[PDB]
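Beneath this line is the structure, given in structure tokens, with notes to follow.
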Amino acid sequence: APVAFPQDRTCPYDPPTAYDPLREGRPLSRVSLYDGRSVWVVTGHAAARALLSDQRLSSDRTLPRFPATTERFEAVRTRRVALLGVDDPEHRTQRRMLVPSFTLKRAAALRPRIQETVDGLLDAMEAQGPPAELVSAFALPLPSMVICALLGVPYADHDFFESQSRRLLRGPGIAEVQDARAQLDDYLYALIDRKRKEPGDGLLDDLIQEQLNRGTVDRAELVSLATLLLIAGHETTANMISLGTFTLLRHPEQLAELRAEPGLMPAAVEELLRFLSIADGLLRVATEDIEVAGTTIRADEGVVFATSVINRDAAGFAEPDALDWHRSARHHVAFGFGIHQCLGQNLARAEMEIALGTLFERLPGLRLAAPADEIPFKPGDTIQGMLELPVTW
Ligand code: HEM
Ligand SMILES: O=C(O)Cc1ccccc1Nc1c(Cl)cccc1Cl
Ligand SMILES: O=C(O)Cc1ccccc1Nc1c(Cl)cccc1Cl
């Protein structure tokens, strides 16, 4: 019986034990999705990297044979997602409009603001006193506030858009997903319309001006790009901050090193990215045959990338299952690779460094406020992260 994919984690920062056979099937195995369909899983580092660079894999989920890992997804997959869900040459043209807003230089220039936002968040936690619920108090507002400012979406609407984002990603039913998407779409169409008559500051305003008013894009494409950036902007980073904190608290000795040597923080973020691999199960379909690792992925077969197992490939990383700040994590695929490699990674690094580093610098007593194995975390059919994170100090 193939391993069923995906499955819930049991320890939120490790691959599930049910993936043990995938660890031994490297670089490539087969797996069963929810409707019984059989597809390729990619489990080796070298093969992941080859394949994520191969224009013979498609990310367009509207293709007839594109794999669906949930019923919910199967239902919405008749609609394209801008950028992430588009192939070259169109992917390329979209990316180019966005890239200037997401440079390393832009990220470095935002750091003072990131630092101030984090300081204000930890200040409020400290004013209210422990315990705190770290996801809602910190891990979520930092990146939500930041992407709102960067995009020109008002953080004042965060309760609405965060709520709809959750329903959108998680459902659980088709109806929840369609309702969330409609509410978000209508919110974003109104926003864009408002911005057309009275421009603000923000990437969305730049896209309207420098793109739409050239005829280079339309409004639906903007809504799609805006949804993708708003959601990836806040969800991925919040999950990295919350799961990162949880992981660090459960590895006292690695945490103590970062405490002594804060200069390690960039390397720790990169290692936390590899070790946690929250964006697990990336989806493609072959549109032509691809020979790889001595077999052939054939046209129309589903291909799923088991990011977590890949980033624990010993060929990729010595002692891959150790959390370590000194063995390079460079070349991990937690931000993907090739064509769709994370647009927001420069920003995401600055956020995680500043947030995690300041958190532990400022609340040196920090610790879990409930038993570890009672703290809820997200299921395996979505991007991994804590749902809550009770802490004290
Ligand atoms: C820890 C934080 C993050 C992680 C782990 C993460 C992970 C990923 C991964 C794995 C991909 C590739 C998806 C695939 O190939 O199917 C991706 C793409 C993307 N990320 Fe992130 N990301 C993070 C933060 C962010 C942030 C802050 C943004 C901000 C807007 C963002 C925007 C995107 C976009 C737009 C893409 C699509 C790129 C393309 O299609 O060309 N990400 N990211
Ligand atoms: O999947 C959907 O229908 C919702 C949607 C709408 C617009 C843009 C992106 C997305 N979903 C979505 C997002 Cl929000 C982030 C990463 C990957 C995907 Cl498929
Ligand atoms: O990029 C894909 O193939 C879709 C996919 C599958 C599993 C896990 C994560 C992602 N994408 C995705 C990203 Cl890249 C950022 C935020 C939220 C989501 Cl759902």
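Quick note: numbers on chain A are straight from the PDB entry, i.e. 10-402, in order. Remember, it's 1-based here, ligands and their atoms both numbered in the order they're listed. All heavy atoms count here, side chains included; hydrogens, waters and symmetry mates do not.
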**OP:** Indicate which of agomelatine, diclofenac, clofarabine is modeled at ligand 2.
**Re:** diclofenac
Original post:
If you rank chains by how many heavy-atom contacts each makes with diclofenac (ligand 2), which has the most, and what name does the PDB entry give it?
Top reply: Pentalenic acid synthase
Original post:
Within less than 4.0 angstrom of diclofenac (ligand 2), does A241 place any heavy atom?
Top reply: no
**OP:** If you have a sec, work out which protein heavy atom is nearest atom 18 (C) of diclofenac (ligand 2) and how many Å separate them, to one decimal?
**Re:** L93 CD2, 4.5 Å
Original post:
Right, does atom 16 (C) of diclofenac (ligand 2) have protein non-hydrogen atoms nearer than 4.0 Å?
Top reply: yes
**OP:** State if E244 counts as touching diclofenac (ligand 2) under the rule of any non-hydrogen atom under 4.0 Å.
**Re:** no
Subject >> Nearest-neighbour protein heavy atom for atom 4 (C) of diclofenac (ligand 2), which is reported as residue plus atom name and distance >> reply: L177 CD2, 3.6 Å
**OP:** Can you pull out the closest protein heavy atom to atom 8 (C) of diclofenac (ligand 2)? Residue, atom name and distance to 0.1 Å, please.
**Re:** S233 O, 3.5 Å
Subject >> diclofenac (ligand 2) near UniProt heme-binding residues in chain A (heavy-atom cut-off 4.0 Å) >> reply: none
Original post:
Where on the polymer does the covalent link from diclofenac (ligand 2) land: which residue and which atom?
Top reply: none
Subject >> Enumerated diclofenac (ligand 2) atoms positioned under 4.0 Å from heavy atoms of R70 >> reply: 1 (O), 2 (C), 3 (O), 19 (Cl)
Original post:
Judging by distance only, is a nitrogen or oxygen of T236 under 3.5 angstrom from one on diclofenac (ligand 2)?
Top reply: no
**OP:** Looking only at protein heavy atoms, identify the closest one to atom 11 (N) of diclofenac (ligand 2) and say how far it is in Å.
**Re:** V90 CG1, 4.7 Å
**OP:** Could you list the atoms of diclofenac (ligand 2) found under 4.0 angstrom from a heavy atom of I240?
**Re:** 14 (Cl)
Original post:
When you measure from atom 13 (C) of diclofenac (ligand 2) to every protein heavy atom, which one gives the shortest distance, and what is it?
Top reply: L237 CD1, 4.1 Å
Subject >> Entry organism field for chain A >> reply: Streptomyces avermitilis MA-4680 = NBRC 14893
Original post:
Which other-chain residues have at least one non-hydrogen atom less than 4.0 Å from diclofenac (ligand 2)?
Top reply: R70, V85, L93, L177, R190, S233, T236, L237, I240
